[PDB]
Each structure stands twice: as C-alpha cells, then as structure tokens.
J.: 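Hi! I'm looking at a structure that contains grazoprevir and have some questions.
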Amino acid sequence: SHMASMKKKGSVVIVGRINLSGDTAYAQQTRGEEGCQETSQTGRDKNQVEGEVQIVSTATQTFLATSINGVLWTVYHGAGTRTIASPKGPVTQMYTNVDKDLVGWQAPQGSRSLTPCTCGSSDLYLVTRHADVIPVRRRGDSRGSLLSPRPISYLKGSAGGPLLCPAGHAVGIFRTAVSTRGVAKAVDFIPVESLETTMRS
Ligand SMILES: C=C[C@@H]1C[C@]1(NC(=O)[C@@H]1C[C@@H]2CN1C(=O)[C@H](C(C)(C)C)NC(=O)O[C@@H]1C[C@H]1CCCCCc1nc3ccc(OC)cc3nc1O2)C(=O)NS(=O)(=O)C1CC1
Ligand SMILES: [Zn+2]
C-alpha cells in the first residue's frame, strides 16, 4: 500500500481498426507501442476515429471493440472498469456488466455504428482481430459453431469483435472460444438483444 505511491491503471487505447468499408477486410494500425503507452497514461487521444470495429489495447492485452447503437462495446475480461482515451481525456464507462462480460463507452466521434439485427437469421460471420471473416452457424442465443475449426491462437485477441448477419447487421459481440485440446470448434457471444436490454438499463 502506502497511498503516496499507489499507481493508477491506464485507459484503454484505440490502436487501430478492422476496415470493413470496401470489398476487402483488413487490419490497420493507427498507433504503435510507445504512443499507446503514453496515451494510456494521459487518457488523451487526439487521433481521428473511423469505422465500426476498433482494435484496442491496455498495458497487458490487445482485443477488439465494436460500435452498435452509438455505444462502443467490448468485453469486461479485457477492459475491466477502465476508462477509454479520447480527445477530451479519459472517458468513463457508460455500461459495465461483469455478469455478461460486457462494457460500453459512448461511441467516439468519427466512429460508425452497426445496426442491431432484426432478421432472426442463423447464418453468421465472425470478424477477427486479423481481419479474417469466419463463417459461424448460430446454435443458440449465445453460441455459434465454426464451419471450419481453428486453433485457439487464431481467435486470441478477438473478444469484443462482432458477429454479423449476411446483410451486415450486428448479431453479437464475440466473448469466448470453446475449445478441446487447443482447437476452437464453437464460440460464445453476447447477443445484440442483450446489448439492447442493457441500453434500456
Ligand atoms: C481464444 C479467444 C477467446 C475469445 C477470448 N476470450 C477468452 O479468452 C475468455 C476470457 C475468459 C477465458 N476465455 C476463454 O476463451 C477460454 C480459453 C481457455 C482462454 C479459450 N475458454 C472458455 O472459457 O470456454 C468456456 C465455455 C466458456 C465458459 C466460461 C466463459 C467465461 C467467460 C468469461 N467471463 C468473464 C467474466 C468476468 C471476468 O472478469 C475479469 C472475466 C471473464 N473471463 C471469461 O473467460 C479472447 O480473445 N480474449 S482476449 O481478447 O484474448 C483478452 C483481452 C481480453
Ligand atoms: Zn440482420
């Protein structure tokens, strides 16, 4: 302890994006490691934000955050209770729910939001932090199966990323991979209706 020397955790910092605006998905880095560490400390990020899916970092982890209905959502297991860096300084979470593994901040100016799905469709697509678009069959409210299994390395750092309907509506937020002996066959996600409930409380 000793209060005079106690440290503060830094802000979550946007360090890039998954670009989905064209015919090709690809990852873009907007901030390297030294700038990220500085921005984490001040909570002041003057970078212009664009797009729906951000790549975010703390001091110890890198993962995704997805804008839906003007809220930038990610996983509690990545972000904890942290603020996010913004042009005006650190921004406090608007939503925090450890039970859902969910947090949200006001979507950054410049971001674009995905629309919540209304199709009731079960043919889905998971966007990874490396900008891979993996097909996923919905198997329950919060479960989908990967049409082609991958090692868990392949999904590491994609928590907070979106599951999309063929149209491109947001169906959910990737939470955790279900694996056996290191191979991911299934995914757990936070369905968008759970977000929408949270957005009414
Ligand atoms: C491989 C990619 C994968 C998506 C990733 N998710 C995880 O690694 C989660 C985090 C943690 C364990 N995870 C797992 O995926 C494990 C693992 C063996 C690692 C594959 N699998 C697993 O549990 O399967 C069991 C069926 C589910 C039942 C148990 C699910 C419990 C979910 C969960 N809830 C809470 C609530 C509150 C918390 O407070 C701190 C913490 C939590 N942590 C949790 O799970 C990811 O990319 N992360 S990340 O981006 O690298 C990182 C920066 C954030
Ligand atoms: Zn839809």
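Heads up, chain A uses the PDB entry numbers, so what you see runs 981-1181. If you check the header, you will see the structure was determined by X-ray crystallography, 1.8 Å. Values reported hereafter were calculated over all heavy atoms of this structure, with side chains retained and with hydrogens, waters and symmetry mates removed. Just so you know, ligand 1 is whichever comes first in the structure, and atom 1 is the first atom listed for that ligand.
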J.: Give the place of grazoprevir in the structure, all copies included.
T.: ligand 1
J.: What residues contact grazoprevir (ligand 1) if the heavy-atom distance limit is 4.0 Å?
T.: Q1041, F1043, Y1056, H1057, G1058, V1078, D1081, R1123, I1132, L1135, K1136, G1137, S1138, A1139, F1154, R1155, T1156, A1157, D1168
J.: For grazoprevir (ligand 1), which atoms sit closer than 4.0 Å to a heavy atom of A1157?
T.: 1 (C), 3 (C), 4 (C), 15 (O), 20 (C), 21 (N), 22 (C), 24 (O)
J.: Quick one: look up the protein heavy atom nearest atom 18 (C) of grazoprevir (ligand 1) and list residue, atom name and how far away it is.
T.: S1159 OG, 4.7 Å
J.: Could you list which atoms of grazoprevir (ligand 1) come closer than 4.0 Å to a heavy atom of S1138?
T.: 47 (O), 50 (O)
J.: Looking only at protein heavy atoms, which one is nearest to atom 52 (C) of grazoprevir (ligand 1), and how far off is it?
T.: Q1041 OE1, 3.3 Å
J.: Suppose I only count heavy atoms of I1132 and a 4.0 Å limit; which atoms of grazoprevir (ligand 1) are within that range?
T.: 1 (C)
J.: Identify, by atom number and element, the atoms of grazoprevir (ligand 1) in contact range of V1078, meaning under 4.0 Å from any of its heavy atoms.
T.: 36 (C), 37 (C)
J.: Among all protein heavy atoms in this structure, tell me which lies nearest to atom 5 (C) of grazoprevir (ligand 1), with the distance rounded to 0.1 Å.
T.: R1155 O, 3.7 Å
J.: Which residue supplies the protein heavy atom nearest to atom 7 (C) of grazoprevir (ligand 1), what is that atom called, and how far is it?
T.: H1057 NE2, 3.6 Å
J.: Under 4.0 Å from any heavy atom of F1043, which atoms of grazoprevir (ligand 1) are there?
T.: 50 (O), 53 (C)
J.: Who's the nearest protein heavy-atom neighbour of atom 47 (O) of grazoprevir (ligand 1), and how far?
T.: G1137 N, 3.0 Å
J.: How far is atom 39 (O) of grazoprevir (ligand 1) from its nearest protein heavy atom, and which residue and atom is that?
T.: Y1056 CD2, 3.4 Å
J.: Just which atoms of grazoprevir (ligand 1) are under 4.0 Å from any heavy atom in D1168?
T.: 26 (C), 27 (C)
J.: Among all protein heavy atoms in this structure, tell me which lies nearest to atom 33 (C) of grazoprevir (ligand 1), with the distance rounded to 0.1 Å.
T.: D1081 OD2, 3.9 Å
J.: List of N/O pairs, grazoprevir (ligand 1) versus protein, all under 3.5 Å?
T.:
from, atom 1, to, atom 2, distance (Å)
grazoprevir (ligand 1), 6 (N), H1057, NE2, 3.4
grazoprevir (ligand 1), 6 (N), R1155, O, 3.1
grazoprevir (ligand 1), 15 (O), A1157, N, 3.4
grazoprevir (ligand 1), 21 (N), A1157, O, 3.0
grazoprevir (ligand 1), 24 (O), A1157, O, 3.3
grazoprevir (ligand 1), 47 (O), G1137, N, 3.0
grazoprevir (ligand 1), 47 (O), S1138, N, 3.4
grazoprevir (ligand 1), 47 (O), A1139, N, 3.3
grazoprevir (ligand 1), 48 (N), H1057, NE2, 3.0
grazoprevir (ligand 1), 50 (O), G1137, N, 3.4
grazoprevir (ligand 1), 51 (O), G1137, N, 3.1

